[PDB]
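Pictured: Thyroxine-binding globulin, co-complexed with L-thyroxine.
The numbering of chain A matches the PDB entry: 20-349, 358-394, in order. Both counts, for ligands and for their atoms, begin at 1 and track the order of listing. Technique stated in the header: X-ray crystallography, 2.8 Å. Every heavy atom of this structure was used, including side-chain atoms; hydrogens, water molecules and symmetry mates were not.
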Amino acid sequence: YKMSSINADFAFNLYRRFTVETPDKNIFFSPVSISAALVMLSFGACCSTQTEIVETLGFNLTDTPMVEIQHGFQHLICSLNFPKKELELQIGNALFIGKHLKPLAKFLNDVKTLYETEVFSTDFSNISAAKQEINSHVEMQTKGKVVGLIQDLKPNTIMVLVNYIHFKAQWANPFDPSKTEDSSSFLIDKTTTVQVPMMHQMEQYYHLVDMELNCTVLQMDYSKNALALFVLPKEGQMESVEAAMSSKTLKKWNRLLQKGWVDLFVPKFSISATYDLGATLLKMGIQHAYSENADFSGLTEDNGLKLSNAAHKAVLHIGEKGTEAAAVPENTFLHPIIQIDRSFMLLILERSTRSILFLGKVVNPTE
Ligand SMILES: N[C@@H](Cc1cc(I)c(Oc2cc(I)c(O)c(I)c2)c(I)c1)C(=O)O
């Protein structure tokens, strides 16, 4: 439906902003975790403070009113977090608000019930302790994956917004670790290579050669409800492919991907990136939230509350097993070969709601 479509466009707009902030470097975030976190924040906001968030998120208030957007994200969060057999998936977020400001009981229950949101009362006069509280909550929620989310914290800080995702899944076709090459050449520039181990399997994969956008798209299924999309642009075409990415593009690929026997070569690697979302969201329209003129009346009765920081970090491993620790010890040329040896874009999607669990660019897979 339309919400999936509107969230994917946000994902690619948010992605592009990151390409101007940090050009020619790795990008990695959970757009759905961000999109859901902002709506949640919005719930406690009033007037133009609230209005701005939903419009930066990509929604039109004439098309769909605020209550419908809430009920939609209500349903999206609930369906995602629903424990499905062979998949661990949790999209969550928290708030850390200065002890002197009392959040409303209605708001508290509403966000825990409808948005999977815990709200914490934190003392920000001890920026050291305050950091350790926050980081440990994300470290706890993500089962040790996302460590040390927040490095910097101003003495001013009044409210800190944190969003995250927990993801654990197996490949539908797991790789043979014995078939993994120890050191393969991987292009990052046009005049730099790095040694990345290269996993090797020949199996049936969905793929496409896009003649219009000048890239190869490969789909690798997880066993339950999730898939990876590897987008490999021809040389010099990385940025034009970045311009191309939209909801309209995915719909195209969904219609056109074909299954066949492929000699597949995929790098074994871990990617992580950490963001303070403020600089880009400020550019993208969310003003009044960070402002001294913030209206968060739905959240608290008493005065002086506003958003200090929105912080998010995404971590993902690509291994032989799936999204899990490897630690594993140690025929023909008439198959069409797909070899991911250059810098590529990467998408992790969830099937039933068409959400983007992860998006990013891998420029260099060795941190
Ligand atoms: N063909 C298979 C595999 C597949 C699933 C998804 I999820 C996807 O990504 C999107 C994202 C958005 I946003 C859409 O509106 C659509 I349509 C597809 C693509 I590409 C392929 C399937 O359908 O399960």
What ligand or chain labels cover L-thyroxine here?
ligand 1
Hey, quick one: which residues UniProt lists as binding thyroxine in chain A have a heavy atom under 4.0 Å from L-thyroxine?
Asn273, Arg378
Can you check which residues touch L-thyroxine if I set the heavy-atom cut-off to 4.0 Å?
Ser23, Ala27, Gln238, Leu246, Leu248, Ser266, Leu269, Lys270, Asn273, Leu376, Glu377, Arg378, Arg381
